[PDB]
Asks: 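Structure of interest includes estradiol; see the questions below.
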Amino acid sequence: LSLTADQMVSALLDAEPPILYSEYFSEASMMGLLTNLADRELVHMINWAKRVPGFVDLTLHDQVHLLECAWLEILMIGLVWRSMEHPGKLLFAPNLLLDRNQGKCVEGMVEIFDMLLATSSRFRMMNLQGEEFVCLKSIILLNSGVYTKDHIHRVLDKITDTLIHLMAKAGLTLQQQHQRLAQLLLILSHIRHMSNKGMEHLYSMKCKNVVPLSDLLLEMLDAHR
Amino acid sequence: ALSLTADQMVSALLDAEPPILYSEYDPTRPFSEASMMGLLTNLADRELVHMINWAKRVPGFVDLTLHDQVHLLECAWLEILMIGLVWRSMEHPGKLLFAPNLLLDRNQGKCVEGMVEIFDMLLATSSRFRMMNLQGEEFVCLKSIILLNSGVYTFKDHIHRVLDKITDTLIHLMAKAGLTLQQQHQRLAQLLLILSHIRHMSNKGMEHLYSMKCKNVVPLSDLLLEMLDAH
Amino acid sequence: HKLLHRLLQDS
Amino acid sequence: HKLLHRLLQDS
Ligand SMILES: C[C@]12CC[C@@H]3c4ccc(O)cc4CC[C@H]3[C@@H]1CC[C@@H]2O
Ligand SMILES: C[C@]12CC[C@@H]3c4ccc(O)cc4CC[C@H]3[C@@H]1CC[C@@H]2O
């Protein structure tokens, strides 16, 4: 709002949720672990959202809408970030580092694993920075449900300013700044795609009683159909 | 190719633009779910033929292997149909101009089960375009970005260089239009974030079309069957 | 009320 | 090959 670029970055960095652990595999047990983790992460996600500058200035109705829309995108970009320095693997948790082929343990999962791994590869290629990552995650929260207004578009502009500030600080030329900004935002289209796909997969797992899902996770899934 | 200046890029894309096609709308009868789906998919099929030939004129596209050309179009085709629709509809608040003889509002969308939700998203995007005062030159840049980007992380550098050139071109357009330096990066971001929404709409639309197929509501062309199958 | 709605206010 | 693969070659 009246934050400076560095203030915005520090605030987003401070607001970061913790990295959670799993338990120290059939379809049922892997889906169990992943959905148990997701549920626990969601509780921290809600707290993080309240610390994204501008978010609590929104109505409760809007806060609910944005989180219900964005939650899987947000879990996924977190996963991809965690996984960046682990080529070919997904670091769901520090004690749950899954190779690409372990995705085959759940029907329909390997295709989603491949999309996530490709995203992690793309971040690695771009040398995505932590400060850029937290900007992107906030943009996902504020953007993904916003057409379904002006104060939010102002906050979104401020985060764009913050990304550009980071790139200028890194020594990028004007041309390089705009190109990199575009590269980063285009990855959000891919994160949306993966979330759409992941949502259908979870739904399908829900229908099959493959796995007990928490009330919270059921309500978050439910918002999408 | 990578050699194009910004003005050459804009001119290439404007030249490559497909025509606005007409639908087979029959005003002698009311709609049914089946006939409305028939109209929309008949239209899509004919637009797809123009889309294939348009894609070949997008800088860098025909240099790709035929397999990669197939992949990019299979991934982006409904996004591309939708951004075209939203663009056509900008100066028609509350309506979707599928064709000059097929201008539908959300109440007509209710004629197809599950469709009004998608109509509402498309109308909202059209409103967003309107409020932003999206320019034709920006629109053709965005549409080419969708073609090259949507399938690119299903597989590279070549595509990324063309994508960077389109970014340069968008900034050039905004600068030429008198936007301040800060306004340029803010608007670049606003435009590109709408591509997230267009992806979302395409995914919902793809699931809807699949449902229609799977309920034998409408016969689909071989092309649409295979496009739909790719997903 | 969904869980979310409360949690969003819980201090 | 897919229909599109052929259709892409018509010049
Ligand atoms: C939602 C799924 C389970 C939970 C998974 C998860 C769980 C935790 C996390 O941090 C990220 C992700 C992303 C992929 C998600 C999966 C994709 C499909 C599956 O149903
Ligand atoms: C794919 C659908 C049929 C074809 C429709 C169409 C048809 C032509 C066109 O130019 C755009 C669109 C977007 C909405 C599409 C619809 C969304 C759901 C429906 O099944």
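Per chain, numbering begins at 1; letters A, B, ... match sequence-line order. Just follow the structure's listing: the first ligand is 1, and inside any ligand the first atom is 1. Note that these values count all heavy atoms, side chains included, but never hydrogens, waters or copies made by symmetry.
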Asks: What's the chief binding partner of estradiol (ligand 1) here? Just the name from the PDB entry is fine.
Replies: Estrogen receptor
Asks: Report the chain letters of other chains having a non-hydrogen atom under 4.0 Å from estradiol (ligand 1).
Replies: A
Asks: Hey, which atoms in estradiol (ligand 1) end up nearer than 4.0 Å to a heavy atom of A:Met76?
Replies: 13 (C)
Asks: Only heavy atoms of A:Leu202, strictly under 4.0 Å: list the atoms of estradiol (ligand 1) that pass.
Replies: 20 (O)
Asks: Relative to the heavy atoms of A:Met31, which atoms of estradiol (ligand 1) are at a distance of less than 4.0 Å?
Replies: 20 (O)
Asks: For estradiol (ligand 1), which UniProt domain of chain A supplies most of the contacting residues?
Replies: NR LBD
Asks: Can you report which non-hydrogen protein atom sits closest to atom 3 (C) of estradiol (ligand 1), along with the distance?
Replies: A:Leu34 CB, 4.1 Å
Asks: Which of the 17beta-estradiol-binding residues UniProt records for chain A come closer than 4.0 Å to estradiol (ligand 1), counting heavy atoms only?
Replies: A:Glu41, A:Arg82, A:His201
Asks: Can you tell me the protein heavy atom closest to atom 18 (C) of estradiol (ligand 1) and the distance?
Replies: A:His201 ND1, 3.4 Å
Asks: Examine A:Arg82 against estradiol (ligand 1) and note whether any of their N/O atoms are separated by less than 3.5 Å.
Replies: yes
Asks: Specify the protein heavy atom at minimum distance from atom 5 (C) of estradiol (ligand 1): its residue, its atom name, and the distance to 0.1 Å.
Replies: A:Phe92 CE2, 4.1 Å
Asks: For atom 1 (C) of estradiol (ligand 1), what's the nearest protein heavy atom and its distance?
Replies: A:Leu72 CD1, 4.1 Å
Asks: Backbone, side chain, both or neither: what part of A:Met205 comes under 4.0 angstrom of estradiol (ligand 1), heavy atoms only?
Replies: neither
Asks: With heavy atoms only and a cut-off of under 4.0 Å, state how A:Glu41 meets estradiol (ligand 1): side chain, backbone, both or neither.
Replies: side chain
Asks: What residues contact estradiol (ligand 1) if the heavy-atom distance limit is 4.0 Å?
Replies: A:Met31, A:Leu34, A:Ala38, A:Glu41, A:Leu75, A:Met76, A:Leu79, A:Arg82, A:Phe92, A:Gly198, A:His201, A:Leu202
Asks: Which atom pairs, nitrogen or oxygen on both sides, join estradiol (ligand 1) and the protein at under 3.5 angstrom?
Replies:
| unit_1 | atom_1 | unit_2 | atom_2 | d |
| --- | --- | --- | --- | --- |
| estradiol (ligand 1) | 10 (O) | A:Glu41 | OE1 | 2.5 |
| estradiol (ligand 1) | 10 (O) | A:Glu41 | OE2 | 3.3 |
| estradiol (ligand 1) | 10 (O) | A:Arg82 | NH2 | 3.1 |
| estradiol (ligand 1) | 20 (O) | A:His201 | ND1 | 2.9 |

